[PDB]
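Data block below; observations after.
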Amino acid sequence: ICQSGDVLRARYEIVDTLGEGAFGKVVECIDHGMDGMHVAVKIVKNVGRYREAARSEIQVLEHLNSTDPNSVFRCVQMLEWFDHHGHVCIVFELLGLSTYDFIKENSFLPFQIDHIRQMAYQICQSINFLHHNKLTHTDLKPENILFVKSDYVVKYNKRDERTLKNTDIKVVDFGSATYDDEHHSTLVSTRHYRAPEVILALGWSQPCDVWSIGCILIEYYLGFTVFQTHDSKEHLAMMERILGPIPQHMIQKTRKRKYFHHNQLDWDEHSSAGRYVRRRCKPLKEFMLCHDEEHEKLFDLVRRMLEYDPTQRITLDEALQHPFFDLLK
Ligand SMILES: O=C(O)c1ccc2c(c1)nc(Nc1cccc(Cl)c1)c1ccncc12
């Protein structure tokens, strides 16, 4: 099935597990057919659910390769796919650590505002390309943003701390990507990066990605997940504490009645969970570690990404032309 030394399509020799999930595994292989060069191979376990989903992911990746074969817009490059005894195998270019894992290995230290500016721009560009081709990723998170090379310099400070030689990224995991004119799932996104219109089941499209990007940028800035919760009402409570009250037209629209009471969130601030929310969250501007002009610009862009109403949320067309990105051009 999957072993170190095992060979796929008479070619790819597994030499290291790079990670695991509910789908299966992603392994590093030596490609003997390309005189040794390393690749990453997503092996999908033989559950009928994951098999049919992979064939949709494959279709998206072929689409992105067709429209952008040279990865101008930084989507991961699929090299081939094949069946290996019931397991769907997808071969990818070999990339570095995820932006999540880099933080994790760097003592949970945040990225410097200048690295954030570069990465944010690349992320926005990549996802805007998806949005102009009638796609929504739906699952953007730091784990799905990977460095091309994770090469770092160690500099003693309090002890050892890491800095990227290069911040160029790629976006991975198109297994949930959805076209405009296709069946939209009810529930999308990993919990922490999920937009309020999803939680409230009002229907979603492109803008839900922008919300996720917002969540990602904050997490880069602070070095920790802002919505650390496994409960939807609590999640909504965290949003209100950070962002202000949920707009009334959205509360009126939702069928999710259990969250509300008289069109206000049914949340007790003086509970065990209420105390947890309050010590973990605060109004957005109060998160600013430094009070520079560019930090104000960043927090302005983030606020616009974290607009409650998806119809009023900043688009990525607009985001790319935001003052925060001026210092890059
Ligand atoms: O899904 C894709 O499209 C996808 C595409 C490429 C990679 C990937 C996922 N995941 C990687 N690593 C990884 C890290 C943590 C957990 C898991 Cl399951 C995998 C990885 C590593 C090195 N090069 C390319 C990749």
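Chain A is numbered as in the PDB entry, which gives 150-306, 310-481 for the residues shown. Only heavy atoms go into these numbers, but all of them, side chains included; no hydrogens, no water, no symmetry mates. Every number for a ligand or one of its atoms is a count from 1 in the order of the listing.
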What would the PDB entry call the macromolecule that lies against ligand 1 with the most contacts here? Dual specificity protein kinase CLK4
What's the name of that drug at ligand 1, by the way? silmitasertib
For silmitasertib, which residues make up the site at a heavy-atom cut-off of 4.0 Å? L167, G168, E169, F172, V175, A189, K191, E206, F241, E242, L243, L244, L295, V324, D325
Which protein heavy atom lies closest to atom 3 (O) of silmitasertib, and at what distance to 0.1 Å? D325 N, 2.9 Å
Can you pull out the closest protein heavy atom to atom 16 (C) of silmitasertib? Residue, atom name and distance to 0.1 Å, please. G168 CA, 3.6 Å
Based purely on interatomic distance, does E169 place a nitrogen or oxygen under 3.5 Å from a nitrogen or oxygen of silmitasertib? no
Return the UniProt domain name for the region of chain A with most contacts to silmitasertib. Protein kinase
Quick sanity check - which UniProt ATP-binding residues of chain A lie within 4.0 Å of silmitasertib on heavy atoms? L167, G168, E169, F172, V175, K191
What atoms in silmitasertib come closer than 4.0 Å to a heavy atom of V175? 10 (N), 11 (C), 18 (Cl), 19 (C)
How far is atom 14 (C) of silmitasertib from the closest protein heavy atom, and which atom is that? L167 O, 3.5 Å
Below the 3.5 angstrom mark, is there an N/O of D250, backbone or side chain, next to an N/O of silmitasertib? no
Subset of silmitasertib atoms that lie under 4.0 Å from at least one heavy atom of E242: 23 (N), 24 (C)
Closest UniProt active-site residue, chain A vs silmitasertib, non-hydrogen distance to 1 Å: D288, 9 Å
Residue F172 vicinity, atoms of silmitasertib by number, heavy atom under 4.0 Å: 18 (Cl)
Give yes if a backbone or side-chain nitrogen or oxygen of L244 is under 3.5 Å from a nitrogen or oxygen of silmitasertib, and no if not. yes
Could you check atom 7 (C) of silmitasertib against the protein and tell me its nearest heavy-atom contact, residue, atom and distance included? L295 CD2, 4.1 Å
